[PDB]
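These notes are about the structure you will find just below.
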Amino acid sequence: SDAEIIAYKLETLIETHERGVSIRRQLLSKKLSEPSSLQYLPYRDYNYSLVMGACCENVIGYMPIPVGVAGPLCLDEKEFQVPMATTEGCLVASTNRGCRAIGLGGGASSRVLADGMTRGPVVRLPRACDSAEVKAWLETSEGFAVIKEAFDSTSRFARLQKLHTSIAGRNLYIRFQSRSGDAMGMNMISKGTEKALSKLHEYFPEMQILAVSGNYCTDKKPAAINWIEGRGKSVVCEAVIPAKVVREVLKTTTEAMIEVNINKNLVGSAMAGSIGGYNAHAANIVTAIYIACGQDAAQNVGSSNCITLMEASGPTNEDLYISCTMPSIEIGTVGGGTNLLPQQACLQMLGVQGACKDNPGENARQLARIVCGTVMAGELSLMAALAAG
Amino acid sequence: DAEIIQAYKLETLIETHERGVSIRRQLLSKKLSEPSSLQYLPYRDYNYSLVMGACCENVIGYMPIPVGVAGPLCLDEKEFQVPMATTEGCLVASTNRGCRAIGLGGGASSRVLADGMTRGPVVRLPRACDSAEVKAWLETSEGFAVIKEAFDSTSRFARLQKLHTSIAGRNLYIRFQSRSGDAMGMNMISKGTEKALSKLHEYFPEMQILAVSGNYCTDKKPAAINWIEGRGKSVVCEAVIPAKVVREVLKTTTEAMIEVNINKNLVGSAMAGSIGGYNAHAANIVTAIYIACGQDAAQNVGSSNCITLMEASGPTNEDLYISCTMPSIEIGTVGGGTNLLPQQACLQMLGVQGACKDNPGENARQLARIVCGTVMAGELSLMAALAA
Amino acid sequence: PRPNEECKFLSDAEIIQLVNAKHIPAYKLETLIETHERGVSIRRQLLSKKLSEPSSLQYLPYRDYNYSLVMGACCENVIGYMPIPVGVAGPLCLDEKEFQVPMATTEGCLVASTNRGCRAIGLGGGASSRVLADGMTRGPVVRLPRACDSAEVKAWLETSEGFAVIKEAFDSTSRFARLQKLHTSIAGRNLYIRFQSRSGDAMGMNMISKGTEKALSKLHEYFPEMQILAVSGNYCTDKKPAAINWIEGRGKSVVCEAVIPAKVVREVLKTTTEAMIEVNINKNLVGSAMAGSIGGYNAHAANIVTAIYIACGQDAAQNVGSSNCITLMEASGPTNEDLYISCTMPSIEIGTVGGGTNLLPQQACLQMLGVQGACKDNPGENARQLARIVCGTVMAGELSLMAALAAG
Amino acid sequence: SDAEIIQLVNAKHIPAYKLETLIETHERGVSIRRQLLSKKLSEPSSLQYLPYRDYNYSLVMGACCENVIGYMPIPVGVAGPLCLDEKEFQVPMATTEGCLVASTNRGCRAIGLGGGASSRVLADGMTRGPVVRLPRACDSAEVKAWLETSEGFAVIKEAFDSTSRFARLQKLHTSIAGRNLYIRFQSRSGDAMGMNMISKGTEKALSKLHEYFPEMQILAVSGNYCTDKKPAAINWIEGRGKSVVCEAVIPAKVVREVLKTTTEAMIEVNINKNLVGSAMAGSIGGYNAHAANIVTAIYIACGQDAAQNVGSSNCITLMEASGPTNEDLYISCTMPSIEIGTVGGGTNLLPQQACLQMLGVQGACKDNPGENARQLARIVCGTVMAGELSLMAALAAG
Ligand SMILES: CCC(C)(C)C(=O)O[C@H]1C[C@@H](C)C=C2C=C[C@H](C)[C@H](CC[C@@H](O)C[C@@H](O)CC(=O)O)[C@H]21
Ligand SMILES: CCC(C)(C)C(=O)O[C@H]1C[C@@H](C)C=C2C=C[C@H](C)[C@H](CC[C@@H](O)C[C@@H](O)CC(=O)O)[C@H]21
Ligand SMILES: CCC(C)(C)C(=O)O[C@H]1C[C@@H](C)C=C2C=C[C@H](C)[C@H](CC[C@@H](O)C[C@@H](O)CC(=O)O)[C@H]21
Ligand SMILES: CCC(C)(C)C(=O)O[C@H]1C[C@@H](C)C=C2C=C[C@H](C)[C@H](CC[C@@H](O)C[C@@H](O)CC(=O)O)[C@H]21
Ligand SMILES: Nc1ncnc2c1ncn2[C@@H]1O[C@H](COP(=O)(O)OP(=O)(O)O)[C@@H](O)[C@H]1O
Ligand SMILES: Nc1ncnc2c1ncn2[C@@H]1O[C@H](COP(=O)(O)OP(=O)(O)O)[C@@H](O)[C@H]1O
Ligand SMILES: Nc1ncnc2c1ncn2[C@@H]1O[C@H](COP(=O)(O)OP(=O)(O)O)[C@@H](O)[C@H]1O
Ligand SMILES: Nc1ncnc2c1ncn2[C@@H]1O[C@H](COP(=O)(O)OP(=O)(O)O)[C@@H](O)[C@H]1O
Ligand SMILES: Nc1ncnc2c1ncn2[C@@H]1O[C@H](COP(=O)(O)OP(=O)(O)O)[C@@H](O)[C@H]1O
């Protein structure tokens, strides 16, 4: 009976997933200064089977995030209705206005420049001379192949690319980079890396593997390395907004937009000492789409890297040319939070849910292009509001 | 529903909020390649009244994020049950293990070092000589007083603490820093900044206000200025984990934890060219708590700034001393997403919901201390897993 | 060559043999030998043996140099001097004055290029400059038993009464030592304190270090458990790139500006205002952004800073932070024909008194600019003037290089 | 006579910088320029102490400097011997900062008594990062992809490699910013620092690229993506010039007797100053105590480009407790971007060639091109380590 059972060791004891959640809440309530705190924290009628043992632990319910829609987004001759999970007012409306200006401008074009999730472990040799020897070995075409072999043998999608190594005395940081089908790829690349390091330990028995991640990836921390070499998907997007569209939809001029972009996104960011933060609010857009689509929201740290550029275009130089370059969009359409039904619905809205069996990785690339496009719409709108004052 | 279809202004016309959403979902399905997708996106039985006109537009439903609990967190002689909204496996469990090690260690201590949300507008003058003149005026006690007088006149909770100005030729970037009670403060600081710039314009007519935000705040973009001068709440957290607790709960040694922290969080981050990213995964913890508590998750960019330090402690130097310093936690307990009931529930769990009537700001400071403490628990756990 | 027992005025070969035998270190040759140049000569001969090529030094000068000013002040184990070609760029029309700028360098085209830049500025009606801030810094690192204690010290240092006792201790060390403010940063139980103060006409490193040591003693009386780990915890920050110098400044923060008429851009610079602007934005702003630069938003300010620093006896290693600069260009005038240019340098570490400025040749270069030594009437004015000159010369240099990049 | 030549100039019929070609002797040209400059000064006798007599200006005029009015004497001191890679070096240091040479000398002493230092060159390649523009981001994206294929690379490599004897194009790193494309060219350059050589190779390579993409606009041969003489994370992360690492172990006894401190005190200072302190200051590549002091002193003495001390001084200094009882001091210095050369520029002058000869690296290495420059870079990293050891000890000893 309910009261007779009277934490994580609940789903294993009982049988029904919701029962265990309900018991944990009642248990928790006794340990709080306000037992009625959880009154308004919903938990009923939720599919906990997909969550248990894959996405969360010690579950006591779920947090509802308002989902809005911005669009249509005219990108690469297609139209997208973009789902955005946010609690910030004006965000969805503002982004929507941006999409409008792009559509009335003939749409936006985007390109995926690079694709590759990374993992940067740190190993240490007894002496720097030894670590230097390993670096040189890793750089020989013969040393690389054996490493790519041990790395690729862990998965169908594990296809190791370039190897970026860096030395700090007897320490050696190795940045592994590989595609990962339609998955964001963190778990996959970690597995490949472990196998690859094990193989390297056989050639250099004196090598000590200090940590599978030595912050050289770099994952969820700001880093110049992600900005300069990319991580995940590097994307670029562009569009031209007609002078009339800038005055009527955005309520400003091409000249004012350009002056704000240069002195805010370029000079202002420079004065603030920014690395990769040469935009107005890409993070707002990235975060909203990530939460709605089951992405890892903590990856918004590097995923939001962006340089927004604006310039006079057209016959009379009265048209607004805009481009957004995002070198490190960490994203996926398979695994993690994308395995849940509500987030899968948002992914389906964009036509990128799950794997693309015929062209592996295409769904994730499409999603990355959508994010870059939506960021551009968001940048257009906020810059206009700042310019119009 | 029939010929009602004959846009965002639905609840502006129709009666029920849930009906206005149902209809918006119907209008949208006609533009989708897979109209059946919306079937799994919930929307039923949710208080949209609090959302409409405040937190979101063009609403088509809501996204459920699994909420887990980590704790108890023994911090400043209190115990906290920490709500974490996440879809990443092992996160809540790992953080929970970290809390365990801290409690068995006698708990953690934290201090709020600074408190002040910022806004950094960019203005321009005719010549660099003029912008230099404005900078000099702004740095006098008389000049600051008038600016402060005008800034503080916009709110009861808006109190200008200082000004930091930088010029770039004829451009002048002014960083306004102010307390904001229990609110994260962006809107409040923006209002005060507009009023202050208006007053500055009266002293310098030839001044052009280019943008209320010139990226000098800096908001939601990585910037050395937030790391060096702070933004929102600057917090420091510490704890000592006994040798046996490291061995038994964390499954490693103090020596291995220290070697991993130095070569990963310090040297590794240095090699990667990081500014403010001298930690293992503070962003994971910050994000999870932010989503659960109705914070602005996009502020995870600067809020996650953290330097994790580990040292040998005790009589025999077998104990693990750990500290986490987070100079820029942007947080609040009133307004924005904290106005919604489910997120208010998570805030209530921590005893920091809404405004602290007695001492405005105490709830937000408490929440910031809780975040720094939870990050430290998270850092302990992940470093242990990496060392082992 | 007399025996060692028999051995001021002797034979060179005899001194050498004495050095080898009594194992006397070469650096004692100044306080053992008669004329200054002989001590050097002997050391050159002493070192000449250790070389795989004994005749290496043959072309390294040493004769006819004032070693008295150098010994015990600017260099040790002296074996001669390195001649750096000095060129002149000018006149530089700045703040309604004209300057003939000395530049020590071995890089071809630098002086010529900078000279062309000065020409364009003069024909443009000159340049205007302003000193925005002045204050050398030192950022020591101290430790407390706990983060809670370091937090307590930070709060204490932020009270008006706490700051006053520190300021009193700091200022009691020198006439020009005047503590301006305190920026304090915590990293767990560690506490980094950035001291900032004016220093008359001196660059001020030694002076600020002395003040800092005294102030930390006073602080130690209030917090006996405080451990002073290092008088410099890299929070100054001295001779290393750092966002803190860029954002808060160090030494002298300066801004310079000038408008180059379209006519002058076409004829002297061989390009257009539009091309210059496009190069500046995509190189100095966007390019530097893509490269992950902090404070390097310019074309080659380091070239100019270094050349003037070596010629004027400044500390050339300080070129690391001193070269921080953001170069901005934009359309100006009736028909947006003219080129508006500005250079903002937040951290020029400079001085006209002390260190290498005490030597005669570099004093000559300082005299050329009218800023040699201390300003008796207005302490610090000579150093501020020199900083303004450097910013102005950098702008001239930026104009010229940008033009060469834009044209061809 | 001089009086006559001066009156001719004050007639506007000669600028003043035409003297070397106008006159016969170089030194007299300098003398006349000095007299002319004197009348324009608020204090005419100010040049009194600026030397100029008896200096081989032939090697300078037309190659190293313009409008020459004399020379600036920089005191040269010697630090050593530096026990590095089983060799001994007497290191020349041009400086006006007191205690620098002495301090570095003490550092060398501690290293020698510890069994010497070992160093390795990890990478070698000068760079140039021009910026070009295409009509659209889609076009710049197409060029990036093209440059990434084997065909496009070989074509660019061939054109680059055809400009010089040492032009051997390696990796081609590229970055896009909308319709802008930044291309980082990297190549070895024998024993030369290589700026001019790489610039020449870059110009032709861009010509060849223009034939395949006629709509491409070459905005600047240098778009600050090299990056030359400005602080940049790209040089720290990918290197520029020579990447070097050096290491040594100092016995507990030597740390106590020579450095006047303990290994424990050293380690605590290094971590909290060079790592944590630099982190708090927001440094990129400045994880050392004073590598710039050593780099600058050696650069000036050896005819290097002193302005390159901006990136050349990038360094991470690491210290660790080593040995039987963990009382021995292990130290390492990693410098990813030492821009250096032993041929060309200021190294063409006799006085600086003398300093280079002192180290045995003057000019070209006939047998193995580049070896002299690599040796010099190793010497710089080693001397930096000796300098780091000494300053850290002084900071530790209170
Ligand atoms: C800070 C600028 C501004 C316009 C005053 C502001 O408050 O507008 C709010 C309220 C309303 C007016 C309209 C808006 C339109 C678009 C955006 C979603 C914007 C919020 C932007 C904010 O989330 C991030 C910025 O602070 C980044 C920056 O530009 O520095 C939002
Ligand atoms: C990060 C490498 C590692 C430990 C193999 C890993 O996969 O552990 C996973 C699974 C399990 C083992 C235990 C864990 C404990 C704590 C964390 C929530 C961790 C996920 C880390 C990830 O969210 C970010 C890191 O990649 C950041 C970094 O340390 O560079 C998580
Ligand atoms: C920068 C490339 C370029 C213009 C082709 C070049 O070789 O010009 C040389 C030779 C001659 C043409 C004219 C010049 C004019 C002005 C400067 C002193 C320049 C050399 C600058 C160099 O020392 C640093 C740059 O490389 C910095 C940058 O990236 O802009 C110098
Ligand atoms: C900053 C150190 C200290 C002790 C205050 C100082 O004045 O020592 C001077 C005088 C004497 C004591 C011994 C010394 C030994 C070695 C060096 C050449 C040092 C000058 C260092 C200075 O040129 C750069 C540092 O300031 C960098 C930093 O550590 O932040 C020099
Ligand atoms: N599923 C989980 N949910 C929450 N916390 C967990 C979970 N699994 C482990 N933990 C935490 O991690 C610690 C590890 O203990 P345990 O799970 O028994 O594993 P171990 O074999 O490492 O001892 C526990 O003290 C608990 O706080
Ligand atoms: N204790 C409190 N602290 C802060 N704001 C409070 C408090 N009590 C009430 N408020 C109200 O809440 C407002 C802050 O919310 P909001 O306008 O959304 O701005 P912000 O962007 O700062 O959250 C204040 O202007 C004030 O009217
Ligand atoms: N050899 C040089 N030495 C010094 N300055 C030079 C030299 N060559 C050119 N300059 C500078 O460049 C400017 C331009 O002169 P020049 O190159 O002859 O072109 P033009 O005479 O066509 O304007 C001169 O006013 C001078 O400042
Ligand atoms: N003027 C100097 N020139 C060169 N080296 C010096 C000088 N002063 C000190 N040293 C270095 O310091 C070492 C010894 O330090 P210490 O025992 O304090 O004696 P002292 O300071 O008299 O040399 C010497 O071996 C030498 O490397
Ligand atoms: N061993 C060598 N190493 C380098 N350069 C050499 C060598 N032998 C001859 N050279 C010549 O010297 C040139 C390098 O000097 P220079 O053109 O002044 O450029 P930099 O000073 O920028 O390296 C090479 O392009 C080549 O013509």
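Numbered from 1 within each chain, the chains take letters A, B, ... in sequence-line order. Read the numbers this way: they start at 1 and go in the same order the structure lists the ligands and their atoms.
At ligand 1, the drug present is simvastatin acid. Per UniProt, the macromolecule in most contact with simvastatin acid (ligand 1) is 3-hydroxy-3-methylglutaryl-coenzyme A reductase.
Other chains with any heavy atom closer than 4.0 Å to simvastatin acid (ligand 1): A, B.
With the cut-off at 4.0 Å and only heavy atoms counted, the binding site of simvastatin acid (ligand 1) comes to A:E88, A:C90, A:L91, A:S94, A:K264, A:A280, A:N284, A:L382, A:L386, B:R119, B:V212, B:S213, B:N215, B:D219, B:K220, B:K221. In the vicinity of A:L91, heavy-atom distances shorter than 4.0 Å reach the simvastatin acid (ligand 1) atoms 18 (C). For simvastatin acid (ligand 1), the atoms lying closer than 4.0 Å to a non-hydrogen atom of A:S94 are 15 (C), 16 (C). With ligand atoms numbered from 1 in the order given, simvastatin acid (ligand 1) contributes 1 (C), 26 (O), 30 (O) to contacts under 4.0 Å with heavy atoms of B:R119. Taking a cut-off of under 4.0 Å to the non-hydrogen atoms of B:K221, the atoms of simvastatin acid (ligand 1) that pass are 27 (C), 28 (C), 30 (O).
The contact set between simvastatin acid (ligand 1) and A:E88, taken as ligand atoms under 4.0 Å from a residue heavy atom, comprises 20 (C), 22 (C), 23 (O).
Atoms of simvastatin acid (ligand 1) found under 4.0 Å from any heavy atom of A:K264, numbered from 1 in the order shown, are 28 (C), 29 (O), 30 (O). With ligand atoms numbered from 1 in the order given, simvastatin acid (ligand 1) contributes 24 (C), 25 (C), 26 (O) to contacts under 4.0 Å with heavy atoms of B:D219.
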